[PDB]
Amino acid sequence: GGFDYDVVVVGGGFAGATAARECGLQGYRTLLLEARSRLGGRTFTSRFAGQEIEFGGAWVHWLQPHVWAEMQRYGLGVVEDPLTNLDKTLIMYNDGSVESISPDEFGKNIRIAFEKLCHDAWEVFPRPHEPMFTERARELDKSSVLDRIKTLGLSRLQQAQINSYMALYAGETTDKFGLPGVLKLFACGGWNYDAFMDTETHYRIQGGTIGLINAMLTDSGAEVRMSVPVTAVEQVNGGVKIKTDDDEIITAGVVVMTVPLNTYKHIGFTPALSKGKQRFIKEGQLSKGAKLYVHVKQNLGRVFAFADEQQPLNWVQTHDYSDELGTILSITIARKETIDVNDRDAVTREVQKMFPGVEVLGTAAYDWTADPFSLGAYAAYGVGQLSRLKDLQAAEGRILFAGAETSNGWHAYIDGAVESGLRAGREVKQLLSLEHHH
Ligand SMILES: Cc1cc2nc3c(=O)[nH]c(=O)nc-3n(C[C@H](O)[C@H](O)[C@H](O)COP(=O)(O)OP(=O)(O)OC[C@H]3O[C@@H](n4cnc5c(N)ncnc54)[C@H](O)[C@@H]3O)c2cc1C
Ligand SMILES: CN1CCC[C@H]1c1cccnc1
Ligand SMILES: CN1CCC[C@H]1c1cccnc1
């Protein structure tokens with residue numbers, strides 16, 4: 001009806017890229033606005049110490065249906081990051097003490113702890129993609145992961161392991177981490193430890209995440225604008241007026257918001273969003289971590305380590321290793337407040353506090369929690385949030401909402417973002433059609 005564009009997609013992560021592809025291919029005049037000067041959002045492929053790395057999400061699996069189907073469409077295969085026959089497996093406790101565990105007794109103890117925590121996933125989530133199907137799922141949304149970890153009677157090692165694991169998934173202390181979200185994720189993977197674990201940091205996309213992002217946006221035909229942050233959305237005249245941070249207005253029939261939930265405080269809405277959505281906007285989601293790579297010139301082979309929630313290096317892994325190269329450690333930090341990643345002294349310190357005979361040569365980090373356009377990492381639900389997710393998914397007039405947080409399945413993954421983007425495309429068609437179906 002005379003607007004600048006039929007649809008504006010705010011955000012150039014996987015959710016926005018997918019929503020723009022769906023829309024563009026319908027023939028809609030489509031615009032995507034990205035605040036950063038790069039695409040990918042919470043995925044970001046860079047380079048460090050001579051090789052391609054990934055500062056955010058990177059690992060996918062065929063059991064993740066939405067992203068997998070997109071890899072078929074665009075013909076992208078997988079690249080395997082094996083870690084068979086590990087050389088060292090460590091557990092660092094809340095006290096800072098570091099125990100080298102035998103690798104095979106390591107995995108078996110985490111399996112016991114994991115399978116005990118997810119003992120009722122089959123029953124609670126018969127339909128992982130309808131999380132609130134069973135009533136017990138809704139009751140369990142009054143408990144936290146720690147509430148249950150305390151009722152499982154695990155050994156000392158097993159408790160530290162699962163809590164590190166769960167603290168990483170939460171990017172927070174396990175007492176704030178909603179319990180159902182974890183069970184549903186396990187269900188998505190087939191209610192089976194071996195299957196779920198096979199999706200963990202195992203397979204990467206040929207050509208990186210940015211390759212799939214580009215393949216979607218190229219396919220879409222949409223206009224794409226970088227370094228254009230959106231500061232306000234106003235519903236008016238049968239459409240929307242979108243305001244950028246340099247005060248220029250763009251009109252559209254509809255808007256698809258795909259920005260991370262934690263970044264919504266930076267955007268004004270007229271009229272106001274529903275109270276349910278507002279509650280979500282002020283609560284946010286939990287994760288407040290960072291990503292960190294380190295370069296050691298002391299070959300360490302295949303390595304893994306947990307650290308409980310009171311140490312910084314909660315999830316450590318070997319990205320590569322050569323007698324020449326030394327080792328490059330891939331590390332995910334659950335809470336950035338436990339360590340300043342952009343300080344080479346504290347990093348070298350804490351790294352050596354786990355691998356004492358190490359010389360720290362080079363480091364590269366990404367502080368997702370300090371970045372104004374993520375203000376966090378992967379989606380992590382608090383207690384009682386999953387039960388209210390409909391409030392976050394609901395359309396508000398001619399404003400639709402997507403993003404991994406708003407997905408039903410793999411909400412902490414690329415796949416969730418893709419899923420939410422397919423939904424946004426469908427909701428856009430309903431709003432701009434000849435026969436409607438809201
Ligand atoms: C450290 C880390 C490890 C993870 N590992 C994996 C993994 O291995 N595998 C996996 O599948 N998932 C993983 N996850 C989670 C995952 O990557 C995300 O679920 C996924 O990338 C989310 O995409 P999104 O489109 O929903 O949101 P985002 O990727 O955050 O997209 C949001 C976009 O909106 C933009 N934006 C924000 N505010 C504005 C504004 N005001 N105006 C305009 N644009 C704005 C942002 O710049 C950004 O591009 C990881 C994530 C992180 C951070
Ligand atoms: C790679 N896995 C992710 C969860 C723990 C880790 C693992 C698995 C098997 C043996 N040691 C560590
Ligand atoms: C992709 N996962 C979703 C939950 C946390 C995230 C993850 C898992 C393993 C290592 N780093 C990040």
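If you read the sequence from its start, that first residue is 1, and numbering goes on from there. Ligands are counted one by one from 1 in listed order, and the atoms in each one are counted from 1 as well. Hydrogens, waters and symmetry mates are skipped; everything else that's a heavy atom, side chains included, is used.
At ligand 2, the drug present is (S)-(-)-nicotine. What binds (S)-(-)-nicotine (ligand 2) most in this entry is, by the naming of UniProt, Nicotine dehydrogenase. Every atom of (S)-(-)-nicotine (ligand 2) with a heavy atom of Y165 under 4.0 Å away is listed here by number and element: 4 (C). Near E200, meaning under 4.0 Å from any of its heavy atoms, are these atoms of (S)-(-)-nicotine (ligand 2): 3 (C), 4 (C). Protein heavy atoms are found less than 4.0 angstrom from atom 10 (C) of (S)-(-)-nicotine (ligand 2). Near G107, with a cut-off below 4.0 Å to any heavy atom, the atoms of (S)-(-)-nicotine (ligand 2) are 10 (C). In this structure, atom 5 (C) of (S)-(-)-nicotine (ligand 2) lies nearest to the protein heavy atom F306 CZ, 3.6 Å. The protein heavy-atom contact nearest to atom 2 (N) of (S)-(-)-nicotine (ligand 2) is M197 CE, 3.6 Å. In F196, neither the side chain nor the backbone holds a heavy atom less than 4.0 Å from any atom of (S)-(-)-nicotine (ligand 2).
Residue contacts with (S)-(-)-nicotine (ligand 2) for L86 involve side-chain atoms from C-beta outward but no N, CA, C or O (heavy atoms, distance under 4.0 Å).
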